[PDB]
Engineer: 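Here is desipramine bound to Beta-lactoglobulin.
Proteins come first, then strands; the chains are lettered A, B, ... in the order of their sequence lines, and each starts at number 1. FYI, side chains are in, hydrogens and waters are out, and symmetry mates aren't considered; it's all heavy atoms of this structure. When a ligand or atom number is given, it counts from 1 through the structure's own listing order.
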Amino acid sequence: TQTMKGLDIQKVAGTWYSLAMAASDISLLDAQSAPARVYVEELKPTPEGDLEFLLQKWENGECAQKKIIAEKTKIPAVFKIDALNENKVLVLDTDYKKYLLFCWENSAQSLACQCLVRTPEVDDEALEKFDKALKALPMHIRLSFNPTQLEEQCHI
Amino acid sequence: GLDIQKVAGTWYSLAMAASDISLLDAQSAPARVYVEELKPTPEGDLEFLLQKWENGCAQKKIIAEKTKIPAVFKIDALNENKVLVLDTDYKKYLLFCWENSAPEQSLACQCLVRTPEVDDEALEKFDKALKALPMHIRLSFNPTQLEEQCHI
Ligand SMILES: CNCCCN1c2ccccc2CCc2ccccc21
Ligand SMILES: CNCCCN1c2ccccc2CCc2ccccc21
Ligand SMILES: CNCCCN1c2ccccc2CCc2ccccc21
Ligand SMILES: CNCCCN1c2ccccc2CCc2ccccc21
Ligand SMILES: [Cl-]
């Protein structure tokens with residue numbers, strides 16, 4: 001999986017909306033509570049060059065929040081979220097101002113990718129770049145959300 | 001022009017898409033139905049033999065009655081539910097949609113193939129047909145899922 005060259009995380013800070021999602025396996029995304037059914041609400045880079053994700057997910061009939069710190073690695077658009085180097089964040093592309101494409105990757109191979117946007121509207125260009133970036137990847141499910149869902153907790 | 005005799009026989013649901021996530025987001029979801037067989041009738045109707053996952057595979061026959069429009073079939077007498085055949089080469093793939101027009105229109109489309117194998121060309125024709133439709137969920141099956149009927 002190829003990641004962005006020359007990513008500056010200082011330019012990704014702020015609130016985001018998970019516009020579309022895709023995964024290598026149906027059961028990662030299909031259920032409301034599926035393991036990869038996670039909604040990115042905010043990105044916060046640290047001075048150290050780590051990337052904090054503020055996430056929402058449906059559990060046990062309620063929307064829950066979690067902060068995940070993705071730690072910098074030797075590769076500038078690749079972050080680790082465990083000590084065992086099993087789970088990674090891969091940033092594929094961003095124009096900073098409108099959209100950001102990234103994947104969760106687990107190499108115990110599971111892949112769940114998202115198209116994030118800065119404003120809670122459909123961006124056809126962002127969706128097109130998302131689809132193009134996914135062309136090389138073995139995705140078996142894709143989901144996209146309407147503007148109304150983008151503004152509700154857990155995209156209800 | 002669609003020839004319903006040539007669409008007869010065994011099929012496999014390779015991929016599915018729908019206008020609404022909740023139509024396809026569980027084995028239990030209303031549009032999560034797998035096509036096993038198409039049978040044309042002498043009267044020019046099209047029988048869909050389906051399987052649906054229920055409490056861990058149940059079989060269902062639905063008759064799609066011919067209309068005055070070719071490749072458009074009605075499932076009920078209230079003209080609420082329709083089958084639209086989008087495209088087929090008879091021997092490899094068939095694309096179709098369930099449609100319902102009862103406050104928002106529902107659409108659920110499939111790519112059927114003649115053998116339980118991934119067909120990248122058929123999946124590409126399906127992807128092209130869906131570009132003009134407002135689909136919010138899409139999923140495709142691997143050869144294991146193709147052979148295991150309703151089980152994925
Ligand atoms: C079956 N439990 C799934 C894990 C829950 N999860 C949450 C919880 C709330 C919001 C986001 C997430 C995503 C990932 C994560 C990370 C760390 C602990 C729990 C969770
Ligand atoms: C497989 N690890 C936990 C499952 C959910 N998860 C995914 C999903 C697909 C690919 C990788 C990962 C890595 C960790 C992670 C982090 C936050 C949400 C979901 C997930
Ligand atoms: C492996 N590439 C799949 C080809 C297109 N495909 C996509 C595309 C992007 C994300 C997910 C999927 C899942 C399967 C699917 C189902 C129906 C049409 C296209 C696709
Ligand atoms: C009784 N089932 C009604 C809904 C499921 N359904 C759908 C789904 C989406 C769009 C149209 C339809 C038409 C009816 C029908 C026929 C066969 C399988 C599913 C469905
Ligand atoms: Cl989608």
Engineer: Which ligand entries or polymer chains correspond to desipramine?
Structural biologist: ligands 1, 2, 3 and 4
Engineer: Name every other chain with any non-hydrogen atom less than 4.0 Å from desipramine (ligand 2).
Structural biologist: A
Engineer: What would you say the binding site of desipramine (ligand 2) is, if we count heavy atoms under 4.0 Å?
Structural biologist: A:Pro35, A:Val38, A:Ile81, A:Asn87, A:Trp104, A:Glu105, A:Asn106, A:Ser110, A:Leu111, A:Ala112
Engineer: Report, in ascending order of atom number, the atoms of desipramine (ligand 2) lying under 4.0 Å from any heavy atom of A:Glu105.
Structural biologist: 11 (C)
Engineer: Could you tell me the residue and atom name of the protein heavy atom closest to atom 5 (C) of desipramine (ligand 2), and the distance to it rounded to 0.1 Å?
Structural biologist: A:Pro35 O, 3.7 Å
Engineer: Do me a favour and list the nearest non-hydrogen protein atom to atom 12 (C) of desipramine (ligand 2) with residue, atom name and distance?
Structural biologist: A:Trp104 CB, 3.6 Å
Engineer: So if I count the atoms of desipramine (ligand 2) from 1 in the order they appear, which ones are less than 4.0 Å from some heavy atom of A:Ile81?
Structural biologist: 14 (C), 16 (C)
Engineer: Name the residue and atom at the far end of the covalent bond from desipramine (ligand 2), if one is modeled.
Structural biologist: none
Engineer: Which residue and non-hydrogen atom of the protein lie closest to atom 3 (C) of desipramine (ligand 2), and at what distance in Å?
Structural biologist: A:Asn87 OD1, 4.7 Å
Engineer: In the protein, which heavy atom is nearest to atom 9 (C) of desipramine (ligand 2), and how far is it?
Structural biologist: A:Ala112 CB, 3.8 Å
Engineer: As an exercise, identify every atom of desipramine (ligand 2) less than 4.0 angstrom from a heavy atom of A:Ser110.
Structural biologist: 10 (C)
